[PDB]
**Student:** 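Sharing a structure here in structure tokens format.
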Amino acid sequence: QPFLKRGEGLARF
Amino acid sequence: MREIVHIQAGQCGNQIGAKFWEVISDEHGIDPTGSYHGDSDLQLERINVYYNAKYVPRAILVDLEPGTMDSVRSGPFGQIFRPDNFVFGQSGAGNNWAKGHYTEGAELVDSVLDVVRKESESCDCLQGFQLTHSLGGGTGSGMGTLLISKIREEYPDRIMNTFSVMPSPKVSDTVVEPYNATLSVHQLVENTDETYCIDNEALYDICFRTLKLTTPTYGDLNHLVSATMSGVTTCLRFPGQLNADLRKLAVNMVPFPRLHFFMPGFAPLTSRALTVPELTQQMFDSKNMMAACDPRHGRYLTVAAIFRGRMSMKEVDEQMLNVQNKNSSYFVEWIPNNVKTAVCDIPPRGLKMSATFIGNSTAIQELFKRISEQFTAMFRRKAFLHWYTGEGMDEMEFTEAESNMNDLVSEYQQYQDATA
Amino acid sequence: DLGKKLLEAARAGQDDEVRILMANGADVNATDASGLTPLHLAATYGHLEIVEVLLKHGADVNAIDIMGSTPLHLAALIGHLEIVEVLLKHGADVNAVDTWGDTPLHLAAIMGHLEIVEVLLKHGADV
Amino acid sequence: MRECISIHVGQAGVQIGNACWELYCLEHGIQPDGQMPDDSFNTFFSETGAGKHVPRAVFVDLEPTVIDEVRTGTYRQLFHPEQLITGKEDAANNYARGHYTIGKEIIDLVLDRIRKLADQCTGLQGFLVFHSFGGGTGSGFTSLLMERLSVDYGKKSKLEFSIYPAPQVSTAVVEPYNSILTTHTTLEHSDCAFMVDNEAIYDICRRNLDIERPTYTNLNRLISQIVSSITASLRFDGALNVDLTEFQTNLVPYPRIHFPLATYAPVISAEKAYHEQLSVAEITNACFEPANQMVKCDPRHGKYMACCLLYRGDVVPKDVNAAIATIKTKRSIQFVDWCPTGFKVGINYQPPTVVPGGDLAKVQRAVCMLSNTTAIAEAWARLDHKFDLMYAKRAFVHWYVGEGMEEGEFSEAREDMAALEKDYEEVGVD
Ligand SMILES: Nc1nc2c(ncn2[C@@H]2O[C@H](COP(=O)(O)OP(=O)(O)OP(=O)(O)O)[C@@H](O)[C@H]2O)c(=O)[nH]1
Ligand SMILES: COc1cc2c(c(OC)c1OC)-c1ccc(OC)c(=O)cc1[C@@H](NC(C)=O)CC2
Ligand SMILES: Nc1nc2c(ncn2[C@@H]2O[C@H](COP(=O)(O)OP(=O)(O)O)[C@@H](O)[C@H]2O)c(=O)[nH]1
Ligand SMILES: [Mg+2]
């Protein structure tokens, strides 16, 4: 299973 | 922006979500049948935000456990909900985040998103999503976060709001809860715009110490949650005297994208009306916080205060000002005017005057420290780790989430000590 | 190998397996690669009857894995009250510190196992 | 005639427009449906031929709630329906949403509607733009509109009436960022801008009208009284400021320093008991009292670049000259070095008008002084300081970068503001 990376949601801004 | 799409997942999610609809239905005069029986056009001006015209809540009920849909459907207001909106499985999540995020949850998630999608497409203009879930269990936590990420993928430009209950052993002495909540908090820092931290630890303490309840039940704690959720949504639901949606709120409350975890509060707490000084004092009191953090241990980045009821605005403005003036130390000085007040003339049921508090405080790191210490205690003895990896979940996700949450803690700490 | 079968049987709560394995000579103080014994694993997963059976038959109540974890550590951590009491009744080191500096009391406190916190205090736990 | 098109952008701009057009109708005897019992007010109203007078005005907001009230309210028949323009979701107090992501969705529609008004002008002078500094739309979409209008109407003048945010009147934490961003992008595109400090209007309603908590209506009717004072010359065929270009000529010797201070008198409560009407001298002296300024700042501190006095009502020219002469002997009026020191005088002889039943008493003579003074730099400095405090932590910046704006535009704007503060400092250094 691939998992969410740190800062991956920061890309939206 | 107008409409809000409500999602409730898991046991905790559905029980607080049900209580939320009862309170605000009563506030809007929507009866258990979906019939309007209110006494003022104010109650109906923004009914559209949470209801579809009889009035049907724009809510999607989700669980991997079957029985919780039975228990809400026969709940006090269980008939208002659209039947088609109930999306549930039979397996269950077994308090296992990885079952909720990756296996049992992944099998049910596309079915939910089809209901979400048809609720979205019916909206004039979509304002965002709000989710009620617990972080200590399996469905609300694991599948709730899977839903959050799916919605964020399909609606990248919409606001994601969450009311997330934090685990406390005082309420559920289940030792895998720090695992599930850390995995979830990782999801939350990346993918939500606003998260109200509903801390079961604080809920229990309030009920036990403040309310003098010897053995607080989920009904007692949910009483505080429902009142908190009514209060923080007051400006969405009642005519202002404020022209603002969820996005304008997020813009002004969140100075840094990851620091979007709010410490909600309420006054007066309950299970004679207060004066405006009383309201103001109690609203900033640690005892009134729904997150088990001492705000005098940190600093406020931003604060929103909502007063409900007929009251003197010049008294409110003065109370708020002297609190900031008398305790300037507790407020970050490089965000001018970061304490905002709004007032609504409609009070909640059974009350003449109330005040709801939304604080973006660096003291919330104490909540995450508490969870982190419990996660580290379990993780270092590697207990029950196979329950998760056995569902296909990489072990590295554990250390990844723990690192992200610990990064969150220090990020609060540096703004706590930043000077201007 | 009987030791590893016993280890698996203790972790899984297989009461009859534990008995039969022991009847065939299984090493009660077998260790896995990280030093965990059958008593560690039964204490961790809440298997009270196997805990008592292991201790009736020569299990080291104070065995430590690689990380200095005693069985009392793990039961105090996971929250197994009756097992905590049984380990103490058989002489578990109430003040044992593992490789992280933690006593069983401290793990009980961190996890909010308050009945266990009290039990350890009754049995001379330090703080 | 010599038409001016008024554009109202965002909530503040729409609601001030409502008050302004309400007052204009009263001043010219036009009814809420455009009817009334070659006229000079034809600059601001088209004339059909059935005697319907239609404001040369566009209302734009990125959400519909405020403009919906115009379409349903007392003046629902005053404006062309196609004049009132709304999107679906607003700029969320975010300049970048107003200027880039959301604003580009509707900018062409706004320009088409403006083009249709312009095509009904024989000799368009330019535009009057009303907007808040703090709003995502008022700041961000205004800047986009002003850039586009400079290209599509290259030789036309553009004037601004903009609302300066104040903690006492519903500001938000990001507003300072919005104020700087709009000011920087608009600066090269505006010939003259009149700033209204919400705290000054607030102060005046509280002091002069004894309104403890002024509503927007309270504030906007006062604002519209000053705005009407400023645009009267365009609607009554004046001798002074007879066209938009003349505002630059009369008030703005240095193009960047184009923010005159408005001081208005007298503001008198309609509830006050009978009293003698104030003379020309009395209302002229009041033009030099800080409490009457539209922007809070200390004029004693600054120097004047230009100064016009716009009188309305029962005002005899010799009495103006005597009052001004008295001022020059008694007040310390310093002009910057290379600007002529004459006051320019306009007199409109029509009685000043108030909304019937409003807070403002009807008076026999009123005056609005427009002074381009370096003292208003103090207001830019207040703004700039609030911007600096947040920006040093990059607080809230990510919201802007996520909506089509590059982070460098923040420092580019702030640098422009710093040069503007130095413009003020250097023009008035002894
Ligand atoms: N004086 C006055 N100020 C107003 C009025 N309406 C809003 N404001 C001010 O304008 C600023 C808020 O921006 P708005 O104009 O409401 O926002 P907007 O232009 O609609 O932009 P968005 O709503 O963010 O899309 C604040 O500083 C308010 O105090 C008004 O009617 N009169
Ligand atoms: C949809 O409901 C709300 C929306 C908003 C605000 C708010 O708190 C008072 C709300 O009620 C919960 C808000 C919040 C905080 C601010 O600064 C911390 C701000 O600048 C500004 C605000 C609001 N604006 C004002 C002038 O209060 C706009 C966003
Ligand atoms: N405050 C509150 N907490 C709850 C409620 N139901 C469950 N919880 C908490 O949620 C966590 C368990 O998650 P749960 O929702 O029951 O599991 P799920 O069904 O897999 O999402 C524990 O921390 C419980 O204390 C409730 O009604 N109110
Ligand atoms: Mg707006």
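Just so we're on the same page: letters track the sequence lines, and every chain starts at 1. According to its header, the structure was obtained by X-ray crystallography, 2.2 Å. Note: hydrogens, waters and symmetry copies are ignored here, and every other heavy atom, side chains too, is used. Order of listing sets the numbers, starting from 1, for every ligand and every atom in it.
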**Student:** Just trying to sort out this structure - which chain has the greatest number of contacts to ligand 2, name per UniProt?
**Tutor:**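 It sits in most contact with Tubulin beta-2B chain.
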**Student:** Let me know which of mirabegron, carvedilol, sitagliptin, aztreonam, colchicine you see at ligand 2, thanks!
**Tutor:**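 That one is colchicine.
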**Student:** Within the structure, which other chains come under 4.0 Å from colchicine (ligand 2) at some heavy atom?
**Tutor:**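 Heavy atoms that close belong to B, D.
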**Student:** Can you check which residues touch colchicine (ligand 2) if I set the heavy-atom cut-off to 4.0 Å?
**Tutor:**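 On a heavy-atom basis, the binding site is B:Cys235, B:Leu236, B:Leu242, B:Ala244, B:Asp245, B:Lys248, B:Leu249, B:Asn252, B:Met253, B:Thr302, B:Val303, B:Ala304, B:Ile306, B:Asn338, B:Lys340, B:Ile358, D:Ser170, D:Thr171, D:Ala172, D:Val173.
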**Student:** For D:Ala172, counting its heavy atoms only, list the atoms of colchicine (ligand 2) lying under 4.0 Å from any of them.
**Tutor:**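 Listed by number with element, the hits are 20 (O).
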**Student:** Against heavy atoms of B:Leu236, which atoms of colchicine (ligand 2) measure under 4.0 Å?
**Tutor:**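 Selected atoms, number and element: 1 (C).
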**Student:** Give the residue and atom name of whichever protein heavy atom lies nearest to atom 8 (O) of colchicine (ligand 2), and the separation in Å to one decimal.
**Tutor:**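 Going by distance alone, atom 8 (O) of colchicine (ligand 2) is nearest to B:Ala304 CB, 2.9 Å.
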**Student:** Among all protein non-hydrogen atoms, which one is nearest to atom 5 (C) of colchicine (ligand 2), and what is the separation to 0.1 Å?
**Tutor:**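 Heavy-atom neighbour on the protein nearest atom 5 (C) of colchicine (ligand 2): B:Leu249 CD1, 3.5 Å.
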**Student:** Could you find the nearest protein heavy atom to atom 2 (O) of colchicine (ligand 2) and give me its residue, atom name and distance?
**Tutor:**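 Protein heavy atom at minimum distance: B:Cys235 CB, 3.3 Å.
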**Student:** Mind checking what the entry calls chain D for me?
**Tutor:**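 The PDB entry has it as Tubulin alpha-1B chain.
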**Student:** Among all protein non-hydrogen atoms, which one is nearest to atom 18 (C) of colchicine (ligand 2), and what is the separation to 0.1 Å?
**Tutor:**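 Of every protein heavy atom, B:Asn338 O, 3.2 Å lies nearest to atom 18 (C) of colchicine (ligand 2).
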**Student:** Got the closest protein heavy atom to atom 22 (C) of colchicine (ligand 2), with its distance?
**Tutor:**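 Here the closest protein heavy atom is B:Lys340 CG, 4.1 Å.
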**Student:** Identify which UniProt-listed GTP-binding residues in chain B lie under 4.0 Å from colchicine (ligand 2) by heavy-atom distance.
**Tutor:**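 Among UniProt's GTP binders, a heavy atom under 4.0 Å is found in none.
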**Student:** Can you pull out the closest protein heavy atom to atom 28 (C) of colchicine (ligand 2)? Residue, atom name and distance to 0.1 Å, please.
**Tutor:**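 The closest heavy atom on the protein side is B:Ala244 CB, 3.7 Å.
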**Student:** Can you tell me which residue and heavy atom of the protein come closest to atom 24 (N) of colchicine (ligand 2), and the distance to 0.1 Å?
**Tutor:**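 Its nearest protein heavy-atom neighbour is B:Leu242 CD1, 3.9 Å.
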**Student:** Which atoms of colchicine (ligand 2) have any heavy atom of B:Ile358 under 4.0 Å away?
**Tutor:**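 Counting atoms of colchicine (ligand 2) from 1, those under 4.0 Å from B:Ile358 are 12 (C).
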**Student:** Polar-atom distance check: B:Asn252 versus colchicine (ligand 2), any N or O pair below 3.5 Å?
**Tutor:**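 Yes; the residue has a nitrogen or oxygen that sits under 3.5 Å from a nitrogen or oxygen of the ligand.
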**Student:** Using a strict cut-off of 4.0 Å, indicate which atoms of colchicine (ligand 2) neighbour a heavy atom of B:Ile306.
**Tutor:**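 What qualifies from colchicine (ligand 2) is 9 (C), 11 (O), 12 (C).
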**Student:** Any N or O of D:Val173 that comes nearer than 3.5 Å to an N or O of colchicine (ligand 2)?
**Tutor:**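 Yes - when backbone and side-chain N and O of D:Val173 are compared with those of colchicine (ligand 2), one distance drops under 3.5 Å.
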**Student:** Look at atom 26 (C) of colchicine (ligand 2) and say which protein heavy atom is nearest, naming residue and atom and giving the distance to 0.1 Å.
**Tutor:**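 For atom 26 (C) of colchicine (ligand 2), the nearest protein heavy atom comes out as D:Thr171 O, 3.4 Å.
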